[PDB]
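So, a structure with avibactam (bound form) in it.
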Amino acid sequence: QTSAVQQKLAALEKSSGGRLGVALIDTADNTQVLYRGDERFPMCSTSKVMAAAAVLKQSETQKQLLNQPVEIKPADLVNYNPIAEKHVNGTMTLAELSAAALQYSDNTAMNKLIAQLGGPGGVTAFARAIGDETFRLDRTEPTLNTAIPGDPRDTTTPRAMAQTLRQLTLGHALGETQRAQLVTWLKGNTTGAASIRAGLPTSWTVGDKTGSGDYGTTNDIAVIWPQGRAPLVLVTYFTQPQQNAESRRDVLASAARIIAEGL
Ligand SMILES: *C(=O)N1C[C@H](NOS(=O)(=O)O)CC[C@H]1C(N)=O
Ligand SMILES: [K+]
Ligand SMILES: [K+]
Ligand SMILES: [K+]
Ligand SMILES: [K+]
Ligand SMILES: [K+]
Ligand SMILES: [K+]
Ligand SMILES: [K+]
Ligand code: NA
Ligand code: NA
Ligand code: NA
């Protein structure tokens with residue numbers, strides 16, 4: 001069937017010219033709302049949640065892991081690294097790298113998380129360990145953001161990413177202190193106010209991770225604590241036909257607004 005919410009998302013998509021993917025989980029009743037929920041989309045910087053969570057999982061058996069220093073060298077800088085560039089010829093701890101990757105979307109920091117996991121496949125392996133058979137990370141930063149239509153590399157589906165985000169932030173994929181740390185990091189994101197958050201009532205609390213890439217790819221994954229009800233998990237992924245298309249965070253906000261109006 002096609003629900004009223006799905007019809008509205010289709011109308012939004014038609015006006016956008018691009019391809020929109022949405023997955024909601026309402027933890028009040030475990031129900032789901034999906035739009036292109038099983039189609040693949042390039043994750044771009046939203047993949048940083050999986051990498052940070054995988055390091056948090058490692059830290060469950062190493063009390064000092066998050067304080068371990070990692071050297072930052074001039075050659076490690078990539079296309080966007082506002083935190084790491086302040087530490088060139090020095091070090092950042094794994095906690096500092098996780099916070100920078102999640103809250104400032106520092107791509108050098110993400111590369112250090114990937115390296116701590118043994119490469120992109122270490123991120124995929126963690127996804128599999130927590131029940132996500134769909135996620136794949138194949139490349140490092142910045143090439144994981146090429147976002148080429150039809151390319152399976154560095155993609156997931158909205159359904160899989162919503163389920164994973166639920167298990168990481170509200171479920172038991174991580175230990176309790178690690179889950180709380182991930183939630184704290186997401187709630188302190190600096191980059192999200194134009195995306196899912198912009199479509200929701202002010203009173204609702206959001207923790208999220210955005211992403212963007214070529215093909216006008218514009219993404220956000222969020223945990224939401226609405227006024228007066230149990231938390232929601234919402235993924236909104238968007239990608240466009242031409243390589244140099246402009247970002248469309250407003251489309252993500254519009255998708256979130258439709259979802260909220262449909263509860
Ligand atoms: C993540 O998708 N990237 C790193 C950085 N993310 O900032 S955003 O989440 O606010 O878009 C810039 C865009 C992107 C990249 N292409 O490196
Ligand atoms: K800087
Ligand atoms: K920022
Ligand atoms: K792993
Ligand atoms: K699963
Ligand atoms: K902060
Ligand atoms: K908010
Ligand atoms: K094209
Ligand atoms: Na900054
Ligand atoms: Na900036
Ligand atoms: Na872009």
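Numbers here are sequence positions counted from 1. Ligands are counted one by one from 1 in listed order, and the atoms in each one are counted from 1 as well. Method on record in the header is X-ray crystallography, 0.8 Å. Note that these values count all heavy atoms, side chains included, but never hydrogens, waters or copies made by symmetry.
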What are the identifiers of all copies of avibactam (bound form) in this structure?
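In this structure, avibactam (bound form) can be found at ligand 1.
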Which bound partner of avibactam (bound form) is the main one by contact count, according to the PDB entry?
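Its main partner is Beta-lactamase.
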Indicate, as side chain, backbone, both or neither, the part of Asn107 found under 4.0 angstrom from avibactam (bound form) when only non-hydrogen atoms are considered.
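The side chain, only.
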Taking non-hydrogen atoms only, is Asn219 closer than 4.0 angstrom to avibactam (bound form) via side chain, backbone, both or neither?
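It is neither; nothing of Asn219 touches avibactam (bound form).
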As deposited, to what residue and atom does the covalent bond from avibactam (bound form) connect?
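Covalent bond to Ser45 OG.
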Tell me the contacting part of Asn145 for avibactam (bound form): side chain, backbone, both, or neither, using a 4.0 Å heavy-atom threshold, strictly below.
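For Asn145, the contact with avibactam (bound form) is made by the side chain alone.
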Does an N or O anywhere in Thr46 fall below 3.5 Å from an N or O of avibactam (bound form)?
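The answer is no, given that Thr46 and avibactam (bound form) share no N or O pair closer than 3.5 Å.
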Which organism is cited as the source of chain A in this PDB entry?
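Going by the entry: Escherichia coli.
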Could you tell me whether some N/O pair between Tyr80 and avibactam (bound form) is separated by less than 3.5 angstrom?
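No, since none of the N or O atoms of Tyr80 sits under 3.5 Å from an N or O of avibactam (bound form).
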If the cut-off is 4.0 Å to any non-hydrogen atom of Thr191, which atoms of avibactam (bound form) fall inside it?
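In order of number, 10 (O).
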Please confirm whether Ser212 comes within less than 3.5 Å of avibactam (bound form) when only nitrogen or oxygen atoms on both sides are compared.
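Indeed, backbone or side chain, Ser212 has an N or O that close.
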Within a distance under 4.0 Å of any heavy atom of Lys209, pick out the atoms of avibactam (bound form) and give their elements.
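In order of numbering, the contacting atoms are 9 (O).
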State which residues lie within 4.0 Å of avibactam (bound form), judged on heavy atoms.
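The site of avibactam (bound form), heavy atoms only, is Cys44, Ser45, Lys48, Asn79, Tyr80, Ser105, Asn107, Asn145, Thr191, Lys209, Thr210, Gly211, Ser212.
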